[PDB]
Each structure stands twice: as C-alpha cells, then as structure tokens.
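The following structure holds PD-0325901.
Order of the sequence lines sets the chain letters (A, B, ...), proteins ahead of strands, with each chain counted from 1. One-based numbering, in listed order, for ligands and for the atoms of each.
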Amino acid sequence: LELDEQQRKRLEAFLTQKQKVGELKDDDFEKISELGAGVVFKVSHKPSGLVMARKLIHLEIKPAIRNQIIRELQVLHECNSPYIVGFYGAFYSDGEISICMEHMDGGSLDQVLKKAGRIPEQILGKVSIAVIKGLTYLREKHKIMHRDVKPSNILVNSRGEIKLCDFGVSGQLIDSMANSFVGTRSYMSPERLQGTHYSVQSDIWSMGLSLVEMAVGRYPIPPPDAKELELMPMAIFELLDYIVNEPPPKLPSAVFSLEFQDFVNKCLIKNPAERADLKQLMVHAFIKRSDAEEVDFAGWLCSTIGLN
Amino acid sequence: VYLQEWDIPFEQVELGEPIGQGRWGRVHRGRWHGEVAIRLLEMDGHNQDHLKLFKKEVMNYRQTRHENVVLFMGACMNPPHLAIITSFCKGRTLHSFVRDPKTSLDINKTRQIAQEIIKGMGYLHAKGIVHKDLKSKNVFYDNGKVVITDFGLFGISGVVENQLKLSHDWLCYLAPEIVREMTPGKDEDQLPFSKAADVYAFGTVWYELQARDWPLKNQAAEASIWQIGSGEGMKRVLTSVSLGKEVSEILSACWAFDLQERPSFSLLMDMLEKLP
Ligand SMILES: Nc1ncnc2c1ncn2[C@@H]1O[C@H](COP(=O)(O)OP(=O)(O)NP(=O)(O)O)[C@@H](O)[C@H]1O
Ligand SMILES: Nc1ncnc2c1ncn2[C@@H]1O[C@H](COP(=O)(O)OP(=O)(O)NP(=O)(O)O)[C@@H](O)[C@H]1O
Ligand SMILES: O=C(NOC[C@H](O)CO)c1ccc(F)c(F)c1Nc1ccc(I)cc1F
Ligand SMILES: [Mg+2]
C-alpha cells in the first residue's frame, strides 16, 4: 500500500497514544473556541493533556437506532492511514453524538482558501495525491465510498500532513441525518443527482469540482463571467439543473499546465463510465509529476495563516 | 382569542403527555369530557401583522365542519404564546397503517379510503382553505373512518440557520413548483402552495396506497430536489413498476408537471368511481 516509514512511525505513535488516553465519558472534555458550524469545538482532554477535537450533532430520535449508530461507527478504530484523520472514540451523551478526532492546526481547505484567496497549482498537486491514496485505501481495505467530498472536510496541520474528515462510514447515520441537509453549494456528481446507482466515480467528480474552486478562488458553477475571470443570487434548483444539463467547469487555459487542465477535465466527465477511476488517476501525468516533486508544505501553511 | 369566543363551551382544558415535536411547536394530548390534541406555538416575529394574519386563519377554521376533516375546536393567543386545540384522533396514522405486515389493502379498500380523503379535501377547497401539508402522516384511520389533520397550518409565522434541512417523507409529497423555489433563508410561508400542489400531494398518498412506500427511496435531499422539480423522477417511477392502467391514470393526472393540467378534487371523485 506504498506505506512509507516515517508515516508508519507516526501512525504507531498515535495508535499507542490512543490506548494511553483509553476510554472516556463526558466531563473529561473542556471547551476552547469556535472552529465552526455546518458543530465542532476545540477541546482539552483532562486525563491526557493532548488537545483533541469534538464534533457535536443534535439528533433526538428513538434510542434503538441510536445504539445501532454507535456500533457501526466503532469500525473507525480499524480505519488508520496517513491520509485519514486520527480517530479517538465515539460515544452518546445527552442525545448529542460526539466524535473525538485529531486536531488539525490549519483547519479546513475552505478556511485555507478564504485566507489564501487562491491556491497555487504546485501545491494542489500534493493534496490531489493524498485524496486518491485515501480513497483507494478506503475502497480497498473496508470497501466503502466517501459520499461527501468538499474543501471544508479536508484538513491540514503544521506537521505537513494532509487527511480527510467526515467520510461516510455508517449507513444508518446517512439515512437518518446526513441526507436531510442542503447547503448553498453542491458538490454532488451529476449521476447521483438523477438517483442512479453511484460508485466511487461520484467521488472522483467531487474532487474535481473542489480542485477548480481552490485553483481560482471562486466556487466554479455557474462559470465566472469572461472579464471577471481575468481579474481574479441563484436558487438551489437552478444550481442542480446547471450541473446536470450544462457543460462542466474547466480550468483557465492561460495560467495552468496541460497536465493540471487534463487531470481535472478527466475528473469532471459527466458520464461516470468514461470518467477516470483511481487506478487510472494514480498513473496520470499530473500525478507522476507532483509525487516526485519537492515542496515544503509546512512552510507554505504557516506563512499563509501565521502559525509555527 | 380568549377561547371564550368559540362556540364550544369551555370551562377548563388540561394538558396531558406530549406526543411529538416538529417545526410548528409541540403537540400534547389533553382532555377537554373528551380527549383533544393541543399544539403549543410561539411567535418570535412579535409583529402585529403576524398575529393579524393568524387571527384571520383561525377565524376561518372556525367555519369548518366535515366528517373527513379533523374538527377545529378552539385557539387562544396570549402573545407570544399560542395554542391550537383540535379533536384527538384515535387510531393509527395512515402512514404507519399501510406499512403494517398484518394490514390487508386491496383494489377496493384503497379506492374507498381515497374517496374519503377527497371529500375532506373537496370541502376544504370549497371554503378556500389550502391544506399546504397534506401527507400520509396527517391522515388518520380508525376502523372505517378517515380524518385529515394539520391543515392550513403552514400559513403561520412562528418559531421554527443558513442551511436547509428537509425530511425525505415531506419532499415526496411536494410538487415541482415548490421545490424549485426552495433555497436557504426562504421561509415555508413564501413557498407556492396551492390547490394544485395539494392534489399533487394527493398523488403521492395514492401511490403510497398502492405501494406501501415512498416513490423515491431515501437519498440525499439535493438528489430528490432535482428529481422532483425536473419532473424526471416522477416520470421514471411511473415507468419502473406499474400497477394498473386505470389506477395509474389518476397518478399520472395528479403528478402532472404543469400544475394547471392537474385535476380538481371534485373531478377526482368521478375518476375514482369508474374503477374496478
Ligand atoms: N477535525 C477538525 N479539525 C479542525 N477543524 C475542523 C474539524 N472538523 C471540522 N472542522 C471545521 O468545522 C467547520 C465546519 O465543518 P463541518 O462540521 O464538517 O460542517 P461543514 O463542512 O461546514 N458542512 P457539512 O460538511 O455538510 O457538515 C469547518 O470550518 C471545518 O474547518
Ligand atoms: N389532531 C391530532 N390528533 C392526534 N395526533 C395528532 C394530531 N395532530 C398531530 N398529531 C400527532 O402529533 C405528532 C406531531 O405532529 P406534527 O407537529 O404535525 O409533526 P409532523 O406532522 O410529523 N411533521 P411537522 O408538521 O413538521 O411537525 C405526530 O405523531 C402526529 O400524528
Ligand atoms: O461527519 C460526518 N458528517 O458531517 C456532517 C455534519 O455532521 C452535519 O452537521 C459523518 C457522516 C457520515 C458518517 F458515517 C460519519 F461517520 C461522519 N463523521 C465522521 C466519520 C469519520 C471520521 I475519521 C470523522 C467524522 F466526524
Ligand atoms: Mg404539520
């Protein structure tokens, strides 16, 4: 699984630190500040001084399905890879589900994007590598797909790592909560929107649409006006109908290399049959380039936002 | 409204156990001597217009009485606190009733239940009241008798972020006119409910009488929104498993993409009559 040594030694350190903190209850945690809402808050755990992140979601429903949810989520203890956020534990408290996970110093690429304004091509290559590796790990090891890929669920630390949060491990939690929400943007593939059976193909599309947004600093649909692009009020159904019935976004041709332009074009093919899978994407020209490059990520991150 | 303004003689009504929350306050069981259902609302708005329109709707509901519409009894408003008192329905919701193993539906029982609902809706429409929330969970079945609840109620402007959260069961009953206008920060009161939108929701209840399930399996709400508002999803489901031509004719009529081509409830009585 192309598992590097420095990576395997930081996985071991956190797995053995995992049992050091052990099991839990409620009053072990203490608030720090507002990470944001879609709620997750920065937290201090008092048995082990390490600070973790606790996400609370409000679900009053029948306790029988509540117990099914907790037991399905414990599979996250088996999910451990250098490209997926460190998971600590899951418990029910006060009819408020809490997930305790790694704290990521730099937050979400959504936050990154607002402070950074735009993301350079050189570095988008590395995040793209991480996602395809994570998704094959996920599809191969436990046979699941993510179902909710977007910038606010990609997290970065000053340690220079990249990992993804909020992937779809529990089916019950999806049918009982996750489905009911609709935001102001949509990252859903065109074949999911028409309700056919979808696969990780749908996830490839999400990654592609997310990459456009970060590369130009603007949510890409509907496409920016022609003069607006050089310088750099719509209801939700008109958004969805554009995605299904109009051409897909594309990167601007003057600024980015072919390999980048071609990578996203293959991710954004409407027909998931012709869209690249992960095997094809891992051997793509753009991937071979960035994997072999030399970027110091930690430096970029800390000078973008002001950490150390 | 001090509840002494209503034709039902009132000395005292006592709250009982709660029986479910929702976007529109909390509904308790209560004893008027008979049992009743009491919905407690609160008006954030606190604006004279909201209570003026509330007063308008609750006075209109006073004028209603029909064996297929739940009996509206009283309403009192000590602002910001409000309460709506209706007759308590013994028996099971039609929703939980078709989903029972033991239950025996047939080509006849379905048509009878459907004609009951239409008489209730037909009355309500004649008096110019739009339900705005017809669905399987707001119709009650106790032995022979069928009662519609929770009508008119979407017109009010009481307490309910910059996201939206839409249950799947509700979306299935919503006509395309409505879901195209949905968008965060838009209240339910601004949506285009109507008599046609009510007959579309009757379309979904009739499908539920045939198939004892949603016409669309639980899925992401964005998916449902596209499929509902494009009309594609309802056209595809009509393809996928068929029932009977005469049965399906009323379904296709009610779900008609252009709202103006949808039948009235009086007409729907005739169509349901000329059946097996
Ligand atoms: N483990 C985490 N570490 C740091 N920040 C986090 C973490 N999890 C979530 N956040 C932040 O929480 C905020 C909201 O994330 P989230 O709870 O996933 O809701 P959302 O992404 O905005 N919408 P949705 O994905 O549909 O729930 C963002 O600003 C994230 O950066
Ligand atoms: N008149 C009534 N008689 C008996 N049960 C009722 C009556 N009105 C409402 N209920 C029940 O009270 C509960 C809550 O009703 P309601 O507030 O209408 O929620 P809902 O229809 O499921 N969705 P929502 O309208 O958004 O709250 C449900 O179990 C209803 O079946
Ligand atoms: O996080 C999830 N959704 O975010 C949406 C918000 O809850 C809406 O407010 C989510 C969805 C499905 C699922 F199966 C999960 F396990 C989820 N949580 C979740 C899963 C793995 C890790 I490592 C960390 C996590 F947090
Ligand atoms: Mg209701």
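PD-0325901, all copies counted: located at ligand 3.
The name UniProt gives to the main binding partner of PD-0325901 (ligand 3) in this structure is Dual specificity mitogen-activated protein kinase kinase 1. Other chains in heavy-atom contact with PD-0325901 (ligand 3) below 4.0 Å, by letter: A. Most residues contacting PD-0325901 (ligand 3) in chain A map to the UniProt domain Protein kinase.
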